[PDB]
Participant: 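Here you go, one structure.
Residue numbers start from 1 in every chain, and the chains themselves are labelled A, B, ... in the order their sequence lines are given, proteins ahead of strands. Both ligands and their constituent atoms are indexed starting at 1 by order of listing.
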There are 2 protein chains.
Amino acid sequence: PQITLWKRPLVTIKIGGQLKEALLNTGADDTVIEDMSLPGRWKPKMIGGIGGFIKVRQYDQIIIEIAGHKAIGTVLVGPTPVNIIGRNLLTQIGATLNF
Amino acid sequence: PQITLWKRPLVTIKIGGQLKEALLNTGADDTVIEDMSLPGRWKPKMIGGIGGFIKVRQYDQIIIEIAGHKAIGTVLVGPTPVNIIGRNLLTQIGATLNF
Ligand SMILES: CC(C)CN(C[C@@H](O)[C@H](Cc1ccccc1)NC(=O)O[C@H]1CO[C@H]2OCC[C@H]21)S(=O)(=O)c1ccc(N)cc1
C-alpha cells in the first residue's frame, strides 16, 4: 500500500500467534514491542530514546507478520509507549519513504 | 525521492536561518528540534517516548525547508538527542510510506 501520514501509520502485526497493533516507524533503528513471551534465549541491549537510555530484551530471528508481510528478525521487548516496527523489519517488507 | 531504509533517513533542513540534519520520522506526531532560539510566542509541552518524557517549547507557525521543500507548522524545541521531522510536517511535503 501507499500510506499517508495524516494519521498514525498503525498496522496489525502477528507475533507468537497474537495479533497486536504497531506503528511503522522510520525514526526507529530497531523494533520494540511491549512485554510478551517470546521463544528462545534473549540477550541484553541498551536503546536510547527521546527521554534517555533503557534496557530491553533482544530476541533474534523471531517470526513476525507485519501488515500481511512476513519478516523474520530481531525484536526488542521492553517498556515502550507504543509497539514500534523499526527499520530492521521495514526493510524486510520492502518499505520506502517517498515524496 | 524514494528513500530506502537500510540507513537512517536523514535529510538537510533549514530552520530559523540555520542548516541542520534531521531524521524523517513516521513514528512521531510532532516535529522536535534540538534546543535553539525561534522567533515569536511559545508554550511549554511534555513529550514522551522510550526513556520517558522531556520538556519542550512549542512554537506555532514555523517555516522549515525539508530537503528543498518548504512547509509550515508547529515545531517543538528541547533536549532531543536527534532532530526529528514528524508527521505534522511530513504530510505537508506529501511524504508516504510505500511497500
Ligand atoms: C517512540 C515513538 C512512539 C515516538 N518517538 C519517535 C521515535 O521514532 C524515536 C525517534 C528518536 C530517534 C533517535 C533518538 C531518539 C528518538 N525513535 C526511537 O525511540 O527508536 C528507538 C528504537 O530504535 C532505536 O533507534 C532510534 C532510537 C531507538 S519519540 O521520539 O519518542 C516522540 C515522542 C513524542 C513526540 N511528540 C515526538 C517524538
Participant: Can you tell me what they call the drug at ligand 1?
Facilitator: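 Its PDB name is darunavir.
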Participant: What chains, other than any belonging to the drug, come within less than 4.0 Å of darunavir, counting only non-hydrogen atoms?
Facilitator: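 Under 4.0 Å by non-hydrogen atoms: A, B.
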Participant: Please report which non-hydrogen protein atom sits nearest to atom 32 (C) of darunavir, along with the residue it belongs to and the distance in Å to one decimal place.
Facilitator: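 Sorting protein heavy atoms by distance from atom 32 (C) of darunavir puts A:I50 CD1, 4.0 Å first.
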Participant: Does the N or O separation between A:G27 and darunavir drop below 3.5 Å for any pair?
Facilitator: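 Indeed, backbone or side chain, A:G27 has an N or O that close.
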Participant: Heavy-atom contacts with B:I47 under 4.0 Å: which atoms of darunavir show up? List them by number with element.
Facilitator: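 Counting from 1, the qualifying ligand atoms are 34 (C), 35 (C), 36 (N).
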Participant: Does any N/O atom on A:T80 come nearer than 3.5 Å to any N/O atom on darunavir?
Facilitator: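 Checking darunavir against A:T80, no N or O pair falls under 3.5 Å apart.
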Participant: What residue and atom, counting heavy atoms only, is the protein's closest point to atom 10 (C) of darunavir, and at what distance?
Facilitator: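 Residue, atom and distance for the closest contact: B:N25 ND2, 3.2 Å.
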Participant: Among all the protein's non-hydrogen atoms, which is closest to atom 38 (C) of darunavir, and how far away is it?
Facilitator: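 So the nearest neighbour among protein heavy atoms is B:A28 CB, 3.8 Å.
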Participant: Can you report which non-hydrogen protein atom sits closest to atom 13 (C) of darunavir, along with the distance?
Facilitator: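 Minimum-distance protein heavy atom for atom 13 (C) of darunavir reads B:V82 CG2, 3.7 Å.
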Participant: Report yes if B:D30 has an N/O atom closer than 3.5 Å to an N/O atom of darunavir; otherwise report no.
Facilitator: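 Yes: some nitrogen or oxygen of B:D30 is under 3.5 Å from one in darunavir.
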Participant: Any idea which protein heavy atom is nearest atom 37 (C) of darunavir, and the distance to it?
Facilitator: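 Looking at atom 37 (C) of darunavir, the protein heavy atom closest to it is B:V32 CG2, 3.8 Å.
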Participant: Could you tell me, atom by atom, which parts of darunavir come under 4.0 Å of a heavy atom of B:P81?
Facilitator: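 Under 4.0 Å from B:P81, darunavir has these atoms: 14 (C), 15 (C).
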Participant: Any idea which protein heavy atom is nearest atom 27 (C) of darunavir, and the distance to it?
Facilitator: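 Answer for atom 27 (C) of darunavir: A:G48 O, 3.2 Å.
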Participant: Please list, in number order, the atoms of darunavir under 4.0 Å from a heavy atom of B:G49.
Facilitator: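 Darunavir atoms under the 4.0 Å threshold to B:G49: 31 (O).
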Participant: Can you list the atoms of darunavir that are under 4.0 Å from a heavy atom of A:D29?
Facilitator: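 This gives 23 (O), 24 (C), 25 (O), 26 (C) as the contact atoms.
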